[PDB]
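Structure of interest - contains ampicillin (open form).
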Amino acid sequence: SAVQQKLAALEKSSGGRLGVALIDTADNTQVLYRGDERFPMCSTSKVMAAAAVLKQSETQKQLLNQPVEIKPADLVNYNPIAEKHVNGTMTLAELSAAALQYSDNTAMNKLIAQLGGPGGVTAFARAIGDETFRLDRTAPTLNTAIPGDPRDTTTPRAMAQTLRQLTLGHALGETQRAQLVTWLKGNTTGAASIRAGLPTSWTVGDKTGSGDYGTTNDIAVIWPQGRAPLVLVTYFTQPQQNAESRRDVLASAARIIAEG
Ligand SMILES: *C(=O)[C@@H](NC(=O)[C@H](N)c1ccccc1)[C@@H]1N[C@@H](C(=O)O)C(C)(C)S1
């Protein structure tokens, strides 16, 4: 098709490996590029950890208000929010917001501990029908993004289908789904990614991710005013371990997609 040629064109211009999946929920049609390929999710896996805690909240109604200690042993490479509350507590809602809207790695690890380990995150993915997602490690080592390593990976197709079920479908409760949607709106880390390639009149909820080998990821759910919603997944990784981030590729992929 035409979109596949331009996506393949910008992948060649980038020197890396692009993975794209858009779900057009108007006709339930799909446009995919390397859609069944394994990519490191990096911090985009935090959506699955936040959604899994939200699923736990459908029986323990008062769970997001439960305080959780933050103390020096908990801090790792990048903790923009949990750094402010060391030797204090942080409720599971403020850690979920820190993980989604600021990509706080300590918040992720607290989300992972609440679920009983990374196997508890993968469990929730299998329960909602995702057989491809797998979380193996905690932050920050889940961002190693070594080529060929199946650890902490998924495919663009699977993550787009899952993100549709979480934010648009009914894999979560309505109070849970509205909370995750409201969280993805408040994201502060995706200005130069998928958002930069979409019309400004388009409201977007997204979660970014980045790691070694220049991995630059972004998953988004998009609501054009007057039109049926879209979910977009753009994964990108590079051959050099020390490669720099390429958020511009993610914006250009979304621009090629938005022209459809
Ligand atoms: C997940 O993607 C996280 N990335 C890391 O922990 C990497 N070790 C790292 C890469 C680059 C700079 C700092 C740490 C966090 N999520 C990224 C993102 O959302 O773009 C991040 C750069 C904010 S860190």
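Following the PDB entry, chain A shows residues 28-287, kept in their order. What's counted below: heavy atoms across the whole structure, side chains too, no hydrogens, waters or symmetry copies. Remember, it's 1-based here, ligands and their atoms both numbered in the order they're listed.
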Is it possible to name all ligands or chains that make up ampicillin (open form), including repeats?
-> ligand 1
State what ampicillin (open form, ligand 1) is bound to in this structure, picking the chain with most contacts and naming it per the PDB entry.
-> Beta-lactamase
Contacts of ampicillin (open form, ligand 1) at 4.0 Å, non-hydrogen | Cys69, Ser70, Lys73, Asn104, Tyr105, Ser130, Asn132, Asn170, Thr216, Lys234, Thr235, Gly236, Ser237
What protein heavy atom is closest to atom 6 (O) of ampicillin (open form, ligand 1), reported as residue, atom name and distance in Å?
-> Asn170 ND2, 2.7 Å
Where ampicillin (open form, ligand 1) meets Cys69 - atom numbers and elements under 4.0 angstrom, heavy-atom basis = 2 (O)
Any covalent bond between ampicillin (open form, ligand 1) and a chain residue here, and if so, at which atom?
-> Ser70 OG
Looking at ampicillin (open form, ligand 1), does any of its N/O atoms fall within less than 3.5 Å of an N/O of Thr71?
-> no
Near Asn104, which atoms of ampicillin (open form, ligand 1) are under 4.0 Å from a heavy atom of that residue?
-> 6 (O), 8 (N), 14 (C)
Atom 24 (S) of ampicillin (open form, ligand 1): nearest protein contact (heavy atom, Å) | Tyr105 CD2, 4.0 Å
Identify, for atom 7 (C) of ampicillin (open form, ligand 1), the protein heavy atom at the shortest distance, and state residue, atom and that distance.
-> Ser237 O, 3.7 Å
Provide the number and element of each atom of ampicillin (open form, ligand 1) under 4.0 Å from a heavy atom of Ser70.
-> 1 (C), 2 (O), 3 (C), 4 (N), 15 (C), 16 (N)
Enumerated ampicillin (open form, ligand 1) atoms positioned under 4.0 Å from heavy atoms of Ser130 | 15 (C), 16 (N), 19 (O), 23 (C)
State whether any protein heavy atom lies less than 4.0 Å from atom 13 (C) of ampicillin (open form, ligand 1).
-> no
Could you tell me which atoms of ampicillin (open form, ligand 1), counted from 1 in the order shown, lie closer than 4.0 angstrom to a heavy atom of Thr235?
-> 18 (C), 19 (O), 20 (O)
